[PDB]
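Entry featuring aminocaproic acid.
A, B, ... follow the sequence lines: proteins, then strands. Residue 1 opens every chain. In what follows, every heavy atom counts, from backbone to side chain, and hydrogens, waters and symmetry copies are set aside. If you're wondering, the header gives X-ray crystallography, 1.5 Å. We count ligands from 1, going down the list as the structure has it; atoms in each ligand are counted the same way.
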Amino acid sequence: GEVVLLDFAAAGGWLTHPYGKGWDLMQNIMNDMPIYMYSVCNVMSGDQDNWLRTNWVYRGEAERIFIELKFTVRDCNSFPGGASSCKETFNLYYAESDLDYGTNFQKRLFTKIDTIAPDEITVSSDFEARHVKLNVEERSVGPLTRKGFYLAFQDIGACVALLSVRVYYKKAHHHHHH
Amino acid sequence: XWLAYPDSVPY
Ligand SMILES: NCCCCCC(=O)O
């Protein structure tokens with residue numbers, strides 16, 4: 001009995017920082033329904049610190065939230081000269097908040113959950129053949145007590161496409177909802 | 001740039 005709090009791939013313009021750089025909302029329209037994703041791939045510069053933040057998510061009655069990510073990561077050997085500037089992980093954070101801060105973003109309020117690493121990187125020959133390796137990772141966070149929360153994703157120089165962000169809680173039939 | 005996902009364009 002799961003209750004869904006956020007489902008990016010079911011929805012079809014999240015905050016990004018710094019302005020004008022980094023994560024970008026993308027689509028693949030090779031089939032009748034579009035596939036959306038947040039992508040970043042600034043693998044050559046070596047000084048990247050790109051943040052993607054969900055909108056405010058109502059927590060409902062969840063004490064613990066479960067977070068499922070689906071994503072691709074390109075092999076850093078795809079990028080000639082990227083040995084030291086390219087990474088193959090990204091970082092996952094959260095913040096709790098009673099208030100929807102809107103366009104205001106303060107990194108200092110966020111707590112790291114984990115490094116997110118791919119079980120499978122997508123090598124160049126597979127990318128060009130349109131064969132990507134979709135990874136799935138799950139984490140959970142709590143106890144939570146504020147009205148809502150945010151997730152954020154920090155890129156430090158990897159080539160990542162984030163296709164799915166699902167957040168749910170369990171046993172919502174033991175709670176009274178407002 | 002490089003693209004993270006094949007055949008993807010900004011939305
Ligand atoms: N780019 C800043 C590094 C992470 C700060 C977030 C934090 O732990 O509060």
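- The main partner of aminocaproic acid in this structure, judged by heavy-atom pairs under 4.5 Å and named as in the PDB entry, is Ephrin type-A receptor 2.
- For aminocaproic acid, the other chains with a heavy atom below 4.0 Å are labelled A.
- Lab note: no covalent bond from aminocaproic acid to a chain modeled.
- When the heavy atoms of A/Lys107, A/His17, A/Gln106, A/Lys112 are ranked by distance to atom 2 (C) of aminocaproic acid, first place goes to A/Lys107.
- Only the backbone of A/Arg108 comes within contact range of aminocaproic acid, with a heavy atom under 4.0 Å; no side-chain atom does.
- Among all non-hydrogen protein atoms, the one lying nearest atom 7 (C) of aminocaproic acid is A/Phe110 O, 3.1 Å.
- Residues of chain A near aminocaproic acid cluster mainly in UniProt domain Eph LBD.
- Among protein heavy atoms, atom 3 (C) of aminocaproic acid sits closest to A/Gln154 NE2, 3.9 Å.
- For chain A, the PDB entry reports the organism Homo sapiens.
- The ligand atoms of aminocaproic acid that sit less than 4.0 angstrom from a heavy atom of A/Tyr93 are 4 (C), 6 (C), 8 (O).
- At the shortest separation from atom 1 (N) of aminocaproic acid among protein heavy atoms lies A/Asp49 OD2, 2.6 Å.
- The binding site of aminocaproic acid (heavy atoms under 4.0 Å) is made of A/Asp49, A/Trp51, A/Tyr93, A/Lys107, A/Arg108, A/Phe110, A/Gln154.
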